[PDB]
Amino acid sequence: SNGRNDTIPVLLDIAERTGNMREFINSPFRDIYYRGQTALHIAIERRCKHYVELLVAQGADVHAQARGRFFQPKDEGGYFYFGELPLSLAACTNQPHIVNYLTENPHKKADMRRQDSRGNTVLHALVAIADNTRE
Amino acid sequence: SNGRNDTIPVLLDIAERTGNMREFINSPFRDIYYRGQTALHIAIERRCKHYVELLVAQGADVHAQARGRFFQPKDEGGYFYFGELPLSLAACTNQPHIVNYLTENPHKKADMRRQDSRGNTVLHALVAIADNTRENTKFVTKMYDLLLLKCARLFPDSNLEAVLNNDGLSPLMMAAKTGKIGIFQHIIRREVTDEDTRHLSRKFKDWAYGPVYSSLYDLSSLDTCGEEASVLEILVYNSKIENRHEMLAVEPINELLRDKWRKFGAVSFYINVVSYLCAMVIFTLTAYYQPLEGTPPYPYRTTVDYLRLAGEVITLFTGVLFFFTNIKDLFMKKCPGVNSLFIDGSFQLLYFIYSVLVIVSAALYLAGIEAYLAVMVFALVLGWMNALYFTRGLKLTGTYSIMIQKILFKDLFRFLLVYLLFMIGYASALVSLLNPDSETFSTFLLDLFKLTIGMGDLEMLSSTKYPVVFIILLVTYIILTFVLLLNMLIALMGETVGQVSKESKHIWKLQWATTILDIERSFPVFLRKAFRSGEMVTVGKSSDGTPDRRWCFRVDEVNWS
Amino acid sequence: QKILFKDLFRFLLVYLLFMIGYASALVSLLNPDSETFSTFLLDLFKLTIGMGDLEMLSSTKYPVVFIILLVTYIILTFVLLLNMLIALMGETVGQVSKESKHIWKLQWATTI
Ligand SMILES: CC(C)(O)c1cnc(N2C[C@@]3(CCC[C@](C)(Cn4cnc5ccc(C#N)cc54)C3)OC2=O)cn1
């Protein structure tokens, strides 16, 4: 709602207070359609730098691979292939600042060299989404 | 004078002082030319907001219908049709402020739902005046949205688009068959961001994930499966020919047609093609297997006679089915004219002639032994000609069919007319000179016809009364026939490709769409519901909290901005 | 290559449709062989080229109808020839002339 949800810090506080924050903050989806997607992917896609910061500072996995049927190339039954990785996701949605934060941060740094299941690195992904349209 | 006439207040004062203001303030014209027009119409047309206020504050009728011969559509002997109503008048002359005043005022409010004599609402009128010119479209679409939102907000229960005229159409349907792109696409693609009146949108945004926005269009009216006079059937059959190719390119109609093609269109068309070719192979086999010796009816005792009878009866069944399916189609659709025969109208003629020939030949086969054999030959010829109909399914073959039809019709008869003019002139020239029969004309025509092809023999030069003149005449014959051949060539090489090549794809698109819709209309009602395109999405809670549940149709896009 | 492939088979298919229709029309009218199809095919083919002899008009059961059918054969075969001319001669040069250089470039590169 208007770029801010007030229940996020409360839910995080509950997460450490119950003692199982790690299982909560990065909980992959189980359906074949959205398999592997974590809250970090949603935070990056919604274009909330502050939310991705507060989410990774609490221990979000920055290498979780969203490999569901939705996150597949258009040719193999999917609507968006962004490289199957949070860094590749922030790269493929034109989010330079979130990428800068993801590459250098005190808590956990996502290196550019990591490959997804297909082997595609960040640059293979950035090629994959490219069109011949100028924009 | 300069927007102010000082005699109006004193005239109104005289009107109430004489005790008969009511009969004066709204006095209709009596002539057939301006019948019904009141002073309120003049005040609105002259664009005097303060005058219309001062005129209605004293009791001007805001529902008086100006129905004279001048206020009629241009096609019915008139110069301006604005909806036959003061509110429709202020709407059709781009006067938003006067409309705002008329809709809400302390004295007397004119509701948007009132229909004129034709049944046209304010929105039917606003469609009627709309043109495809942009300077018209900016205010037509804008003020259509204005009036629709105002009617929704004032009256939440009713839908202003949902009231029909005396023709049964709705503003979208009326814009479909009149050829008003500017308001047609604006009606289809409209979306209302405000939650108060968002329910009357026709394009909703289902979900988004980065640069993949899947908005889904509403086809509650575009595709009714033969229940509510669908817009698509109107747009393909009864719309304006010159603009139809552009109306069929709107965002949710092209994809809808493609979906209906892949869902049940390809398989049904192809099985129809295969069945037609099989039936025609059977027809040819029956035609060849017929024995030429004997007067019908033949004694059917041999198994070969049984297969001959089976072929004959299946041919008659095919012919009667053709008659049944062609008469109904012509009965349902209007008789076409120029620029629409090349689309679809031509084939109802040809198949009609095929069925008629087969039936009359069966009638002669009943009695005439020698007679019936004449038009089996014509029947096979014409049927194998009509086999060209089904090329419209494939784009590459569909265009070439248009080539053949246009060459056979537009220029073939022109060239034949000029050619026959030369034949009659030169035949009367040559034959009248000879010194001796009536039948000599028939021989000479074929002789010259062979000479044009090159198989003519010039041995008749000896019998000519004047040998010198006939040599020159034959030379001019050959030269001018060559000139006419070059004329037909040159027309077909420049003027045809200039127009027909571009128009061929457009005509094939219309042919494909009308065949899709004919295949759909072939199915029964329950079967069509099974092959209903789109989802059954729930868009939102209604004014009472109930779900919408409107049969929408999703198309997804990729946007990087 | 494009003339041999894209349009030649289209013309052959339409022309085959026409030959089968008109041959089944003509031969079924004659009053008597199975081999008569082969003779009629070549004779009509020569007639289209112009070396066909029209001596079978005497043997026709109905002389009047066959004259009309032969006239239609000639006219619509001429129409088909005009149609092929016009198609390959407006629409092909619209596309292929531009496409020819592009295809040659790819051929040259792949041969290198
Ligand atoms: C072999 C068999 C029995 O399946 C068959 C049936 N009909 C014909 N045609 C096709 C046709 C041609 C002219 C347009 C028409 C009137 C449009 N039209 C009207 N209703 C339709 C239903 C489906 C299609 C398709 N595809 C077209 C339709 C149909 O006139 C005939 O005789 C030929 N063979």
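Chain IDs: alphabetical, in sequence-line order. By the PDB entry numbering, chain A shows 203-337, in order. Following the PDB entry, chain B residues are numbered 203-638, 662-786, in order. We number chain C the way the PDB entry does; in order, the residues shown are 607-638, 662-741. Part of the entry, not all of it, is on display, and contacts are counted within that displayed part. Atoms considered below: every heavy atom in the structure, side chains included; atoms not considered: hydrogens, waters and symmetry mates. Looking at the header, which is where the method is noted, we find electron microscopy, 3.5 Å. Read the numbers this way: they start at 1 and go in the same order the structure lists the ligands and their atoms.
In this structure, the drug found at ligand 1 is GSK2798745.
Taking 4.0 Å as the heavy-atom limit, the other chains contacting GSK2798745 are B. For chain B, the UniProt-numbered transmembrane segments (first one at the N terminus) that bring a heavy atom under 4.0 Å from GSK2798745 are 1, 2, 3, 4.
Applying a cut-off of 4.0 Å to heavy atoms, one finds the binding site of GSK2798745 to be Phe471(B), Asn474(B), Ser477(B), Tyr478(B), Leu523(B), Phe524(B), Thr527(B), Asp531(B), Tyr553(B), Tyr591(B), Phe592(B), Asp743(B), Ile744(B), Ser747(B).
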